[PDB]
Amino acid sequence: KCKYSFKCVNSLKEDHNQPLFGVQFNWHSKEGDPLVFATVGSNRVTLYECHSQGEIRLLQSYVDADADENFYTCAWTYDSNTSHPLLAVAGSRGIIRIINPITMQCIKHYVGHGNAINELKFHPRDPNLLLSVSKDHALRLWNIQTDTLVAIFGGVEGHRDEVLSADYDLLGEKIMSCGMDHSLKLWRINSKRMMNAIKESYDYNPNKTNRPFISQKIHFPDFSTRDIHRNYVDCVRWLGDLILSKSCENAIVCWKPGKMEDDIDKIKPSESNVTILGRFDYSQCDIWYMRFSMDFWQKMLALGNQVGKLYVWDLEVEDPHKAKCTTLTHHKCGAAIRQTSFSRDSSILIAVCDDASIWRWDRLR
Ligand SMILES: COc1ccc(CCN2CCC(Nc3nc4ccccc4n3Cc3ccc(F)cc3)CC2)cc1
């Protein structure tokens with residue numbers, strides 16, 4: 001048996017009855033402050049608090065003025081200067097909105113992607129750098145302090161189809177992206193070119209020059225493979241220097257570029273080998289856009305499937321690809337679980353569903 005046990009303590013359904021596509025705990029809150037997570041779906045962004053006796057306390061909602069916006073994803077950050085939390089959301093309109101979670105009002109917004117945005121990620125060491133991933137086949141790195149587009153990752157050897165997912169490594173030196181073209185691509189952002197681009201993006205003063213700020217066009221990833229999956233890749237995360245990624249073949253694959261002994265930071269762009277370490281098998285999760293998540297210290301891996309089962313794997317264990325997961329089911333939870341989120345201390349796991357239901361699972365302590 002997996003050593004991580006959870007009990008379902010609460011559930012609720014949102015009034016709009018549309019699929020909830022994203023859920024994110026805020027990992028930037030004080031160990032003293034209450035645990036807060038956001039859900040997104042329809043034209044709605046909703047905040048909830050977790051409290052004693054399994055309560056899920058509704059805090060506040062944001063409804064977009066555009067009735068036909070469809071939010072797919074959200075990401076937390078904080079303002080460098082005020083230390084106050086900020087929430088980025090985006091979806092089918094390709095517009096990035098920054099919401100003030102205290103007032104739940106839109107502060108500013110970025111247009112630019114020519115199509116839907118499927119994922120948002122904030123740099124783990126610079127909270128002002130937001131990465132967006134788009135159906136126009138590109139990734140974009142924004143500086144939301146100076147409202148500038150730093151770089152566009154796409155072109156000659158960028159993705160050939162819609163990009164679905166991306167993730168920064170531990171320190172934010174590199175990005176792995178993936179999408180409908182079956183490929184996984186690595187983009188290093190600690191190169192001198194990207195370092196200078198990031199620095200220039202901070203020095204940009206509009207009321208001090210008339211020349212617009214030109215984004216760096218990054219056309220060549222630092223590594224690319226289509227040898228991991230045989231179909232689209234709808235989720236990728238770094239596991240240390242290893243990569244976890246999934247397609248619609250009912251497995252998360254753990255792999256790394258190069259040969260097994262090869263250091264990630266010496267992989268050249270022309271590297272043709274990958275090493276598959278193993279896979280996490282499951283069933284009934286072969287529909288498009290089902291995301292997996294890990295806890296802060298990457299001791300646990302969670303994936304929901306299309307009939308409401310929630311798998312949790314212990315990542316600390318020997319022979320982890322052959323170990324049985326914990327399967328969490330509730331007889332009232334039958335809809336597809338789109339994304340899950342662990343609280344900062346791994347005490348809570350929240351799942352959100354295609355029928356607008358939210359499920360709260362508490363780790364037995
Ligand atoms: C917020 O800051 C932090 C700081 C640290 C961390 C932990 C990173 N973690 C990353 C994974 C590490 N395992 C690990 N590397 C390996 C390298 C080669 C071969 C096997 C390896 N295996 C074992 C393994 C392989 C596959 C698998 F599916 C499970 C285990 C162990 C360390 C998280 C957040």
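The first residue of the sequence shown is numbered 1, and numbering continues consecutively from there. Atoms within a ligand are numbered from 1 in the order they appear, just like the ligands themselves. Side chains are part of it too, since the values below use all heavy atoms of this structure and drop only hydrogens, waters and symmetry mates.
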For this session: Identify the main binding partner of ligand 1 here and report its name as listed in UniProt.
Result: Polycomb protein EED
Exercise. According to the PDB, which drug is present at ligand 1?
Worked result: astemizole
Exercise. Backbone, side chain, both or neither: what part of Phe296 comes under 4.0 angstrom of astemizole, heavy atoms only?
Worked result: both
Exercise. Looking only at heavy atoms, is any part of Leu244 under 4.0 Å from astemizole, and if so is it the side chain, the backbone, or both, or is it neither?
Worked result: neither
Exercise. Out of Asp295, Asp314, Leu315, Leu242, whose heavy atom is nearest to atom 17 (C) of astemizole?
Worked result: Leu242
For this session: Measure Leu170 to astemizole on non-hydrogen atoms and call it side chain, backbone, both or neither using the 4.0 Å cut-off.
Result: side chain
For this session: Could you list the atoms of astemizole found under 4.0 angstrom from a heavy atom of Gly240?
Result: 10 (C)
Exercise. Relative to the heavy atoms of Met260, which atoms of astemizole are at a distance of less than 4.0 Å?
Worked result: 19 (C)
Problem set entry | Source species of chain A (PDB) | Homo sapiens
Problem set entry | Which segment of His321 sits under 4.0 Å of astemizole when only heavy atoms are counted | side chain
For this session: List the residues forming the binding site of astemizole, heavy atoms under 4.0 Å.
Result: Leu170, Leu239, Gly240, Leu242, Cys254, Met260, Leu277, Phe280, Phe296, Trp297, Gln298, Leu315, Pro320, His321
